[PDB]
**Q** 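Here is a complex structure; among its components: diclofenac.
One is the number of the first residue; the rest follow in order along the sequence. Method reported for this entry: X-ray crystallography, 2.1 Å. For ligands, and for the atoms within them, numbers begin at 1 and follow the listed sequence.
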Amino acid sequence: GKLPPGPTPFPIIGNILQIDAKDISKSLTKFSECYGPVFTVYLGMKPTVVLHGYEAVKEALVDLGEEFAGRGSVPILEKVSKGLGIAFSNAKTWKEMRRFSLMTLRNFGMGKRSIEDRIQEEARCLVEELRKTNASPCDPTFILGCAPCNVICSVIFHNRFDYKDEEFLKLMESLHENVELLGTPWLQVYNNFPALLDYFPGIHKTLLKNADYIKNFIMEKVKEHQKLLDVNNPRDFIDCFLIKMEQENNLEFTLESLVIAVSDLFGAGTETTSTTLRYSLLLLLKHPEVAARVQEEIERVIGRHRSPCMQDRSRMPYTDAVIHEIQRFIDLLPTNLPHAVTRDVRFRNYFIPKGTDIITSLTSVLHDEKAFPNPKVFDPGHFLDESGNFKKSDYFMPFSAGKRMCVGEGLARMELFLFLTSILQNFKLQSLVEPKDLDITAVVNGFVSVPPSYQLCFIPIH
Ligand code: HEM
Ligand SMILES: O=C(O)Cc1ccccc1Nc1c(Cl)cccc1Cl
């Protein structure tokens with residue numbers, strides 16, 4: 001019996017007034033200092049168990065993986081998914097979509113053209129459009145959003161779009177707008193106070209219009225794929241899904257579920273990778289010696305006359321340590337994505353009833369002071385041994401862990417490695433201000449820690 005301890009909840013509104021509206025993780029870490037690694041908080045009337053620290057997070061997500069494999073409250077967004085898709089689905093529907101997606105999203109899961117090849121083509125397109133900035137000051141937000149989005153287009157539709165393509169920009173504008181409107185760390189909130197929906201219908205209204213533009217953009221391509229389907233040679237996510245439908249026995253596979261599953265991948269993989277890439281460049285501007293050392297490794301291992309490839313990563317410990325350090329340092333999703341227990345569970349000396357929402361503090365793992373000495377300081381050394389070789393850490397958990405762990409983790413890491421090295425191989429980064437005046441403090445917008453706005457010049461290396 002009994003839920004974990006926690007701050008005394010004021011009637012109806014819960015612990016809201018005790019949580020920093022700008023930085024919930026910071027609040028969760030303060031609560032943990034006086035309630036321990038496992039505590040409860042109220043985002044309204046319903047209790048939410050918070051897991052803080054590597055041991056608690058790992059014990060639940062990994063050791064008790066099935067119990068914590070549920071997708072917690074994610075209002076509106078969960079509703080547009082209609083219990084289908086991957087991110088907000090649960091039980092059998094989730095299991096089948098996730099299994100299908102993992103098998104399909106392998107490097108060579110969709111024919112002879114690997115996911116790596118697709119990312120390499122995009123890395124070249126990214127370098128080309130950066131050349132078009134002609135070494136003038138520019139905000140990289142747009143182009144850095146296009147590349148990741150195009151990578152997903154390539155793996156889903158087997159097609160990429162020009163960075164000036166109307167529908168594509170629209171897709172990104174529809175994706176962006178939708179994630180912005182439906183942005184908040186709590187998330188559990190829209191499943192609580194209905195009066196707020198009417199006070200601020202703006203956030204909830206355009207979603208049907210744009211999330212439908214997304215669903216419509218996708219459905220349109222699906223129809224095109226059905227006419228060109230080759231059962232012996234599927235070349236993208238859609239074909240593989242269409243084949244799974246043709247033969248089948250699976251009622252979980254419909255054109256409706258395909259559209260939603262594709263919406264999820266786009267939603268989960270576009271903004272995260274884009275933000276990480278944008279934050280990467282900022283950190284390189286902030287610590288130019290890091291950028292210089294990565295370039296030294298690029299020249300020595302890859303050289304100047306060929307595109308970087310995944311095989312290069314194992315031979316580039318410094319660059320790998322830098323990519324790991326960027327993800328750990330930026331802590332993209334401070335509180336992960338909301339989980340929920342799939343059944344009554346006795347976690348340690350506490351009892352957690354089925355359906356209870358769970359929040360895991362990834363910030364507490366990624367910034368553990370013992371696993372990463374001086375955790376608030378950017379230092380690739382956190383992933384380097386005394387001999388300059390790459391050093392793994394069980395605390396490197398930016399993609400989460402367990403049964404719900406990021407489905408596109410492999411794809412994301414390839415994108416970071418190939419885009420960053422292709423960028424540093426072809427350009428020197430020049431900031432308008434000195435590193436000492438460069439703001440690198442993140443501001444959590446929705447679920448994501450985004451870097452402050454900045455501009456830079458991409459000076460071609462020749
Ligand atoms: C730097 C980029 C990325 C980061 C940091 C990231 C991080 C994460 C995290 C922390 C979660 C939540 C895990 C949980 O519930 O415990 C997640 C979920 C997910 N991610 Fe990513 N992600 C990134 C890129 C990608 C990409 C490129 C794709 C798409 C191909 C994608 C697809 C997914 C999906 C489908 C889920 C939901 C999985 C499920 O509920 O079973 N992610 N991601
Ligand atoms: O699913 C979407 O349409 C995007 C979306 C909206 C709200 C909350 C989460 C997500 N996707 C998502 C996922 Cl699945 C993991 C990490 C980060 C993000 Cl933004």
**Q** Mind telling me which parts of the structure correspond to diclofenac?
**A**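 All copies: ligand 2.
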**Q** Going by UniProt, what is the chain that binds diclofenac with the most atom pairs under 4.5 Å called?
**A**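 The chain with more contacts than any other is Cytochrome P450 2C5.
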**Q** Going by the atom numbers of diclofenac, which of them fall below 4.0 Å from some non-hydrogen atom of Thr272?
**A**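 Selected atoms, number and element: 17 (C).
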**Q** Identify the protein heavy atom lying closest to atom 2 (C) of diclofenac, giving its residue, its atom name and the separation to 0.1 Å.
**A**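 Ranked first by proximity to atom 2 (C) of diclofenac is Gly267 CA, 3.9 Å.
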**Q** Specify the protein heavy atom at minimum distance from atom 6 (C) of diclofenac: its residue, its atom name, and the distance to 0.1 Å.
**A**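 That would be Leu77 CD2, 3.6 Å.
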**Q** Would you kindly specify which portion of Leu333 sits under 4.0 Å from diclofenac, judged on non-hydrogen atoms: side chain, backbone, both or neither?
**A**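 Answer for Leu333: side chain.
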**Q** Which residue owns the protein heavy atom closest to atom 8 (C) of diclofenac, what's the atom, and how far is it?
**A**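 Here the closest protein heavy atom is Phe447 CE1, 3.3 Å.
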**Q** So which protein heavy atom does atom 15 (C) of diclofenac come closest to, and at what separation?
**A**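 Of the protein heavy atoms, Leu337 CD2, 3.5 Å lies nearest.
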**Q** Okay, next thing: UniProt's heme-binding residues in chain A - which of them have a heavy atom under 4.0 Å from diclofenac?
**A**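 Going by heavy atoms, UniProt's heme residues within reach: none.
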**Q** Under 4.0 Å from any heavy atom of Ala87, which atoms of diclofenac are there?
**A**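 Listed by number with element, the hits are 14 (Cl).
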**Q** Looking only at protein heavy atoms, which one is nearest to atom 5 (C) of diclofenac, and how far off is it?
**A**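 The answer is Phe88 CZ, 4.3 Å.
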**Q** Would you check which organism the entry records for chain A?
**A**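 Per the PDB, the source organism is Oryctolagus cuniculus.
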**Q** Counting only heavy atoms closer than 4.0 Å, does diclofenac sit against the backbone of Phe266, its side chain, both, or neither?
**A**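 No part of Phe266 is near diclofenac at this cut-off.
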**Q** What residues end up in the site of diclofenac at 4.0 Å, going by heavy-atom distances?
**A**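 The binding site of diclofenac (heavy atoms) is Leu77, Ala87, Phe88, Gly267, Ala268, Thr272, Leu333, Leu337, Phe447.
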